[PDB]
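Please read the structure below before turning to the comments.
Chain naming is simple here: A for the first sequence line, B for the second, and so on down. So for chain A, numbering is the PDB entry's, and the shown residues are 308-316, 325-384, in order. Chain B residue numbers are taken from the PDB entry; in order, the displayed residues are 22-250, 261-316, 325-830. Shown for chain C, in order and in the PDB entry numbering: 154-230. By the numbers in the PDB entry, the shown part of chain D spans 22-250, 261-316, 325-830. The entry is not shown in full; contacts are counted within the portion that is. Every number for a ligand or one of its atoms is a count from 1 in the order of the listing.
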Amino acid sequence: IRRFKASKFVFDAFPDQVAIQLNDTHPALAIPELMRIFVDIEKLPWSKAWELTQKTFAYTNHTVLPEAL
Amino acid sequence: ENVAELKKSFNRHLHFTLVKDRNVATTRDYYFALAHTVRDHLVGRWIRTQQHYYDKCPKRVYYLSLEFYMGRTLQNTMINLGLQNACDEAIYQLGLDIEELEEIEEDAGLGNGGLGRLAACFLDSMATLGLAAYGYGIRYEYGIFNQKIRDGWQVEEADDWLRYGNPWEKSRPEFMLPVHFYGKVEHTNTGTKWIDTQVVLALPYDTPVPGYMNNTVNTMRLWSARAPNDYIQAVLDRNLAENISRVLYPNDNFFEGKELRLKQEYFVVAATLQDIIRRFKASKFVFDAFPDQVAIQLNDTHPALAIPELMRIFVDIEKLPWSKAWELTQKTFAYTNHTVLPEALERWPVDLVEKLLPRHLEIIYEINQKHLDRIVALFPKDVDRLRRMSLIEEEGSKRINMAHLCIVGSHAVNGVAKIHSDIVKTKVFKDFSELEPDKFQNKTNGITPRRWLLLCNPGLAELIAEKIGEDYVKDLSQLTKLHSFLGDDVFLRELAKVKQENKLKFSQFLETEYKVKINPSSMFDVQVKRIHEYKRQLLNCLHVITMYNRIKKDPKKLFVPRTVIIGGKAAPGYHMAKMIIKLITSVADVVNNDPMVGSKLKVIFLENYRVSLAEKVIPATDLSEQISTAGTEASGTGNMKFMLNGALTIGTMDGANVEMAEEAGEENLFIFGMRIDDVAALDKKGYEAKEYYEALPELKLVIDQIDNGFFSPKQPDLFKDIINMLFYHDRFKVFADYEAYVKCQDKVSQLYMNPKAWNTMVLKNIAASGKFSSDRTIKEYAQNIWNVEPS
Amino acid sequence: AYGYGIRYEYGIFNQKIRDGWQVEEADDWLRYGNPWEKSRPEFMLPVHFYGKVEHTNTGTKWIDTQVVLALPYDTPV
Amino acid sequence: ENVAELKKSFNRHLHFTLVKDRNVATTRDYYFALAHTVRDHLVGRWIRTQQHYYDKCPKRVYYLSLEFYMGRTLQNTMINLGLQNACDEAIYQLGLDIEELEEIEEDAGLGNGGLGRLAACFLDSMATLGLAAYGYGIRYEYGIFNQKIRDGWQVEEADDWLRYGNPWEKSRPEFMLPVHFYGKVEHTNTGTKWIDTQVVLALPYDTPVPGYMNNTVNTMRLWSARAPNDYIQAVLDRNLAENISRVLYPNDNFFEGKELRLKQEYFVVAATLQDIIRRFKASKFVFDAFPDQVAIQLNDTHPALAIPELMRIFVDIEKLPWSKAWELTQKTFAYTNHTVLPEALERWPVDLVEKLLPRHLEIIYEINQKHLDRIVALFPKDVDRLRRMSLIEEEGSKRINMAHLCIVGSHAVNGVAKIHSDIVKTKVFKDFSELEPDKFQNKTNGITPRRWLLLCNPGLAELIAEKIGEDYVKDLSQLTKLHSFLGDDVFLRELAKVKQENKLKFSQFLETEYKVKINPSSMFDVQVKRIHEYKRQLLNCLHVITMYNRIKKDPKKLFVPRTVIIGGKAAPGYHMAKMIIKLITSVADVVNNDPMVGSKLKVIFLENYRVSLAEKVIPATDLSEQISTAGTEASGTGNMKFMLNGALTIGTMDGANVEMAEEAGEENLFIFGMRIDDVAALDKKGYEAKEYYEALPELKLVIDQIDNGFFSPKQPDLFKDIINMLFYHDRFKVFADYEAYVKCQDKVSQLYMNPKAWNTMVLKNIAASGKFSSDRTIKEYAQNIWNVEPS
Ligand SMILES: O=C(N[C@@H](Cc1ccccc1)C(=O)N1CC(C(=O)O)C1)c1cc2cc(Cl)ccc2[nH]1
Ligand SMILES: O=C(N[C@@H](Cc1ccccc1)C(=O)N1CC(C(=O)O)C1)c1cc2cc(Cl)ccc2[nH]1
Ligand SMILES: O=C(N[C@@H](Cc1ccccc1)C(=O)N1CC(C(=O)O)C1)c1cc2cc(Cl)ccc2[nH]1
Ligand SMILES: *Cc1c(COP(=O)(O)O)cnc(C)c1O
Ligand SMILES: *Cc1c(COP(=O)(O)O)cnc(C)c1O
Ligand SMILES: CC(=O)N[C@@H]1O[C@H](CO)[C@@H](O)[C@H](O)[C@H]1O
Ligand SMILES: CC(=O)N[C@@H]1O[C@H](CO)[C@@H](O)[C@H](O)[C@H]1O
Ligand SMILES: Cn1c(=O)c2c(ncn2C)n(C)c1=O
Ligand SMILES: Cn1c(=O)c2c(ncn2C)n(C)c1=O
Ligand SMILES: Cn1c(=O)c2c(ncn2C)n(C)c1=O
Ligand SMILES: Cn1c(=O)c2c(ncn2C)n(C)c1=O
Ligand SMILES: Cn1c(=O)c2c(ncn2C)n(C)c1=O
């Protein structure tokens, strides 16, 4: 977000400047964290924040074994 | 609340309220639709807040002022209500540009400058602090005039701010009241009666005042004059009664004894006091508890008549005995002094007052008699002390010294900055403070960080919140936490980036309004405030010409480029201020068009400086000019706005500048020139302007250029009035601070050449600006004067 | 593209075989220094843990948190 | 070497080493680029010097210490290498401020105070004298904590000095060694074996020690602890072995028997001795020549275990017979005693030692047995002599008297100032010196004139060189030549000017860090050292309040204005020292804000006193406070720094103050108070604090103010612990030296009123400071203890 704000490119263009790949679910918290920053801190409305979030993240599943979920 | 519902309301108002659809709706229609959409969000809390004050009955605070320099209301309301982001999104989705809609709104310019803007910041702070406070003033049909520049001179145009309607006001017809004028006094056996008076009605209009994020919505009540009840001529003459609330007197720090101004002062006062007493009698709380339920702050002496008026009501009407009435009165009123300049003192001739307000003249004479009887009893031999402490000056044609009336009728008197409050207490009113030491106080001015940070500079507010949370919004002292980033390189670049963006956005504004091309790389040197000889934009102008000559003498020399901006309105009848404006536009013409200076230096006279423009230019400033002659600016508040927004200050040790230095560290401000005591020394010795002209070669060249027509070729003697004033009548010693000022200015450019050092000083200024929140100022008034408590 | 992860002091353990079984030993890969990493101290950031939520009229606030700093190290690719 | 090449290297390091360019480089990056640029200049000579010691094989000196209070390295390196002027020029040309770059460096604060700083000065001197010397200690991850003051109290913060990297250290992985703990002893037929021990690795880091202008670059080797080789928990538990070299114990002159401290002591000792033996076996010089090739100085008893460890290696490992091993051991070790205060004596309970170091306990018991067998054979009837001379105190729970172990295992024992060395020899260790008269010596402390004159006070160094050449740098006794200028008026003004400049520059520092405004005209009265009851900054505080009352009683009286500065860190668990700090900040608050005193007196508690701050404040001092109770400060070194830098001394006849008086002439110092014998008299008679409180009216008022809450209104009983200690438990007789101290202080102000007389005395102090160069101290150690020769 900090690198985004310095790009001299508010957060509407964020998903056009940023793509974040979640390697398995280990970094899953990134989703609610991006929402927390957009909402609690940047004061963006939830619907807008949720839209930007989905356009930002992509998830890669690496296994179907139950013990690994 | 959310986006979908905001869009729905917007469309609903565009339809039923503006009677339009998307293909015929005007920009103004869209602004009004959004305004009503936002306004609807205030209602519930406005009603609850006022209901709450009636239920729990806390002590109320009434801020009585002839001025309320409110600016625009839309954005301020969205922000304090936490609605801005949602509305921005909704308007964007409707395919509209919210910025354009916001520019449609007229400023409510019901003030001249500092005094009126302080009243506005106080209302925001009192609502944010949850105080049961009310602002009381006049609803002028026309506020401070719109300024135009024609052929280099100021031209005035009527500020018809209500022409298209004000969605932010609510007529309160059921509270209309009659106000009396002229007539005569009759001393009957049933009490003295004031009779055969002319009556003018007072219609109150309420404007909501939202606290920052707290469910509190207070009220600002402004009165409008209306006529009561050859036929045609008689109907047209109704204009005469209505002229009372027609126009704001356009004078800043200057007294003009016009009868109409006297009518306005009594008008606000009479309508206000009656309304207060009426609300008091309905509180289901005889008048013994009045001072425990009411506090009335007199904003300068303009509403001084409130004192004899309260006495008139208690005595002539409520039949209370004088001593009892006088006791309640003093406990009710507190007075705020806003200036020490002689030309600004209110001294009404007794003849005018006798004609317009016969009964008040009698009450004032009575107050004065008891007053002097006391002094005579304490200092029997000091006959001149009586002359000095009287409410009446027989010094020629008798007049009433309104400041003295405010002092004897008030339990507290305060100045607006330490240096000022001290001068008021120990010099100007020495005789009074000596008698009542504890009566005089200080309450350093403040500005609201909502409008002057969150609203006007979202980039900075966000950057700061990023680093230290949002607690600072309601506790500005929290900005000291910013000190942890002094060595933080990345943060310093981020800070500079925010200033750069503000400058870019403002430069766009400048290029479209003015012919000039702006070097966005230049240092923005800014002086915006009312045009005054004491504020000395003339000195600033001397330095500008000085830099000009330097570029002409040695074009290839390394020089930090500047964009010099000077703006402010001159009172219509202030000739010297008008000459000074013409001098600046003339100088700018030469400078901006000399191919040799080019992008090295650009000069701009910022037209129509007012609250909404201040919100644009301040966030874009690097250097803030606060150069009044030591001892002339009681406090200043523009100085504070600039400090809060990332600009460094070049100024004299005057007013609150002194406290900005105490907080940030004198070395983190570019202080210069004579100090209060040096100014006195020069006065004692006698100021000989010619000596500096003689001894300073750069000064002499500037002066000669001005006087010979270098800047006015088509008319060589144009600036003769300035030259003569400068050499023989400069009460503000422009030449005497010239040398130090220019040296100081050179030091500024030096620091500017070092970005990291510059932003390091900026950070220390911002981190130390917390004392200047009006929230702190109000807490002090509540605790030491009104005796009320934040909620 | 940028890779973002954690700079573990110890990576996947070194495996030894003792009497036919796996034995684990600490993988102290940074003991002698890693010339391939470049500390970027100017980009250090605070990360929050624990604390509690407060739903104020200025937005929900997460407070009384414990803070741990995050120091980024860049490795060229 | 020259400017062009230095700039080129700087840019090269900024690029390849910091991976930056001029627009993204941080201040820290620039500091690191310069550091590497300077560091490169050390390499060639570092390699040659160490190669030379291997080739010519001179006898080596190993200074074993738990502390090395090094301060910053950049400037010290540039100076000793003759590179400062060139680097200053190069950095200036690159458009940078070398002063800013220097302030980025963290102090290597691996020491508490005098003891640790002496080790640092010794390294500089040994390198300047060309001795084959090595400093051996621990590389603490965290040094002495950073001190903050919050609400008047000391707050501790971790000193994370290595967070950004230390360019001045060089890991030496190929010399890592294993150190053993716990386990058990087995007495086999192949020699006693120490088994089942836990192992912790010791990784050495070398830091170059440049001699002043001589091509010699010695080494300081500091060891860091590392772990050898549920899985996760096991990995995390590696922290336990690594905690050994984690933090410096923050105690100055105070023993704390924590097991972790015992682990640190054995850790340094074990790693150091092994490394020494290994280097000895590679010298291509069996162990008979060991003492002719090795000298190990024990800095206080902290590294006492080195003795039984050397025995353990010779016996258990090298299989040498005990008698032979014991002989070699004594010839190897020399011990330096640094204090006589009881609370600072190291007495480890035998149980802890038995658990952690079973084999060393056995070796110590053995040493003790042979020791007492001798005494029994010499004084058969003196049974108590045995009790007094034993290495074991059965006085309750058995403990090891480490000082006694250092004495029997060393061939030389020395104190650090004549008065101290005498007390050690004839009183504290009378039984031992009686037996071995020639074993006890004196080696008066010293300070290095590079860091403490050339570096910290360039103005003075230059002025002096101007008059007498530069020979004084390496032969400080040369300062006596300054006596030729006693009547030289011009020189005396030049001297005062240098002090004035230092004061100006330091005042700037004070105003930006503290709210206070500094009267640059005032006398800088300074007391900086660790907060202790024995150093008595409490007495200083009594005098401050005393001057305060005087100004309040008679404001218009002629008074020499002062700026009183007191600074130093309190050990975290030293409650009284923390109360004393709070007392000083409280007093300062009242004083600095009383409008009546104003610029007459300012008080400042100097925060975070450490080596780099000492280099700033000392050169700016006029009056140096050295007021410890007679007989409590073994030597002192701050006293010497102040003398060398142009300050006069107010102090007791204690430690080296006595020798400063011998050299300069007692009348040229403001000596006062009880002397060693008077203190004993009062002890014999019994100290009754109340008597002075009763008899001295100024003292009584001060005390009452403190005890009643004059300085702590919000909490009247705050300073109760101090009052009680002062009246019933003041081991340091604060009240008993109060009268003479204040009288003495008055005499100081008198002299200060006479500039010429003051600077005349200053000149006599500077001209007589030559004896206090650590170069002289080291020559004495080399000649009379290590038997090595300067080169
Ligand atoms: O003027 C408002 N409503 C209007 C509603 C209205 C409009 C037209 C005729 C009668 C009533 C109002 O009360 N009047 C217009 C009339 C006049 O011109 O004097 C009287 C209003 C609603 C409101 C709600 C908030 Cl939160 C703040 C300010 C507000 N003003
Ligand atoms: O660590 C590098 N330089 C070093 C330079 C340095 C060395 C010693 C002390 C301070 C700075 C560095 O920046 N630091 C070591 C410190 C630490 O361990 O925290 C910080 C480095 C340069 C470089 C260049 C490329 Cl292309 C790739 C990786 C790189 N690392
Ligand atoms: O640490 C130096 N060089 C560095 C060089 C280096 C840097 C990164 C990876 C491997 C090697 C060094 O030897 N190491 C950093 C590693 C660690 O973190 O343990 C080991 C160094 C060079 C030098 C030269 C002088 Cl004159 C004085 C002190 C010095 N230190
Ligand atoms: C704040 C403000 C002022 C007062 O400015 P000073 O420089 O303090 O005189 C005047 N006019 C406007 C529009 C302001 O916002
Ligand atoms: C020299 C020095 C000391 C020792 O000072 P004394 O006054 O001799 O106790 C302590 N701390 C620092 C940082 C020093 O430089
Ligand atoms: C009469 C008048 O307008 N006084 C003005 O009041 C404001 C608000 O207190 C001050 O900041 C300013 O210095 C002063 O000139
Ligand atoms: C235990 C300890 O820190 N002792 C200190 O040693 C230094 C260096 O010898 C002396 O100057 C000082 O007086 C003494 O208090
Ligand atoms: C400030 N001020 C005015 O505002 C003014 C004036 N004369 C007329 N006006 C309106 N003068 C002389 C003046 O000093
Ligand atoms: C508009 N205007 C003025 O306002 C003015 C003036 N000369 C003095 N004043 C004030 N002139 C020539 C002028 O054109
Ligand atoms: C006997 N035994 C086990 O039975 C065992 C083991 N590791 C896992 N198991 C189950 N090891 C190392 C081992 O010696
Ligand atoms: C010097 N000193 C200390 O350093 C100390 C202490 N108590 C705890 N500490 C740490 N005491 C009583 C003490 O005299
Ligand atoms: C921080 N601090 C202390 O460090 C302290 C204390 N009382 C005693 N001490 C040591 N108080 C009240 C305190 O706030």
* Which of lamivudine, caffeine, chlorpropamide at ligand 8 -> caffeine
* Asked: Which molecule here shares more close contacts with caffeine (ligand 8) than any other chain, as UniProt names it?
  -> Glycogen phosphorylase, liver form
* Other chains with a heavy atom under 4.0 Å from caffeine (ligand 8) -> B
* Asked: Under 4.0 Å from any heavy atom of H571(B), which atoms of caffeine (ligand 8) are there?
  -> 1 (C)
* To do: Give the residue and atom of any covalent bond from caffeine (ligand 8) to a chain.
  => none
* How close does the nearest protein non-hydrogen atom get to atom 13 (C) of caffeine (ligand 8), and which residue and atom is it? -> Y613(B) CE2, 3.4 Å
* What residue and atom, counting heavy atoms only, is the protein's closest point to atom 8 (C) of caffeine (ligand 8), and at what distance? -> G612(B) O, 3.0 Å
* Which atoms of caffeine (ligand 8) are found less than 4.0 Å from any heavy atom of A610(B)? -> 4 (O), 10 (C)
* Check each heavy atom of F285(B) against caffeine (ligand 8) and say whether those closer than 4.0 Å belong to the side chain, the backbone, both or neither. => side chain
* To do: Below 4.0 angstrom from a heavy atom of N282(B), which caffeine (ligand 8) atoms are there? Numbered from 1 as shown, please.
  => 10 (C)
* Asked: Which residues of the UniProt AMP-binding set in chain B does caffeine (ligand 8) share, counting a residue if one of its heavy atoms lies under 4.0 Å from it?
  -> none
* To do: Give, by chain and number, every residue with a heavy atom within 4.0 Å of caffeine (ligand 8).
  => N282(B), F285(B), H571(B), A610(B), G612(B), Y613(B)
